Novice: 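Encoded as structure tokens, here's the structure I'll be asking about.
Chain A residue numbers are taken from the PDB entry; in order, the displayed residues are 19-265. Each ligand, and each atom within it, is numbered from 1 in the order the structure gives.
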Amino acid sequence: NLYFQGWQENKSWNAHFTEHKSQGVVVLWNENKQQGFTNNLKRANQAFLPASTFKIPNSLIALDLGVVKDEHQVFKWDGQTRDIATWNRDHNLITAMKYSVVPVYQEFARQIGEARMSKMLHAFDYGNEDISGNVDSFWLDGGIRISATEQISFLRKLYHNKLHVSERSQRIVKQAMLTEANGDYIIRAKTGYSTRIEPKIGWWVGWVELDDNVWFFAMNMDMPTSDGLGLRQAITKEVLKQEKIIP
Ligand SMILES: *C(=O)[C@@H]([C@@H]1N=C(C(=O)O)[C@H]([C@H]2CCCO2)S1)[C@@H](C)O
Ligand SMILES: [Cl-]
């Protein structure tokens, strides 16, 4: 039988959003204490399109089915010129995730296919597990929905290698999730920006590795234009600093 004390609501963190003239939620989970904290318990449980944060489960499935052989395999540019310059080149899994290269992952989705994608998402217990829409864009404008607290749940399984895919697939995706590391912490995370369907939100989900603990985080925020995308990380780090998790 699972046990859970509940999410504590700390409305103090709301200052970090209002002082940036913004609206959103940050959710934190203390792995050692098995305690969760948020500034907004309702928005914490509100489900949105995952957008580019779907690259995490998408990468795991592609690797586990052999669609992606390893983190060095090159997915060559299809020659279509797109709005994001870094997309108009060849990529491997590391760089495709760092530059959030959508057309590489849509190709992953097509090769995975509807049937296996649905079955894997059910095995992951991922969000609402609904892939209705185009096989290669349902996480951008289809039926799939996931909340900040469901993101923590999924990430916790990935951290402990508990997802129903190979340990190796999971190690590879956690490698590709690497975002920042120094003498004080490691951050493995994925950004996201949902623009195709309202409301337009930005995501940042992942976790902070310390010497003797892991803090999982999931945040999203209203994002009416791309000028505020940097706030996804800045607001989260302000909360991490306030709680003395990072210096
Ligand atoms: C993912 O959600 C989107 C890609 N991710 C980002 C991001 O910042 O996380 C890119 C931003 C950068 C300029 C505008 O989009 S795109 C994907 C769904 O487009
Ligand atoms: Cl690593």
Novice: Quick one: what's ligand 1 bound to in this structure? I mean the chain with the most contacts, named like the PDB entry names it.
Specialist: Class D Carbapenemase OXA-48
Novice: According to the PDB, which drug is present at ligand 1?
Specialist: faropenem (bound form)
Novice: Regarding faropenem (bound form), does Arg250 bring an N or O atom to under 3.5 Å of one of the ligand's N or O atoms?
Specialist: yes
Novice: Hey, is faropenem (bound form) close enough to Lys208 that some N/O pair sits below 3.5 Å?
Specialist: no
Novice: Under 3.5 Å between some N or O of faropenem (bound form) and some N or O of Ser70?
Specialist: yes
Novice: What residue-atom pair is the covalent partner of faropenem (bound form) as deposited?
Specialist: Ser70 OG
Novice: If you scan the protein for heavy atoms around atom 17 (C) of faropenem (bound form), do you find one that is closer than 4.0 Å?
Specialist: yes
Novice: What is the residue-level binding site of faropenem (bound form) with heavy atoms closer than 4.0 Å?
Specialist: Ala69, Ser70, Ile102, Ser118, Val120, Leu158, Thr209, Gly210, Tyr211, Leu247, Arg250
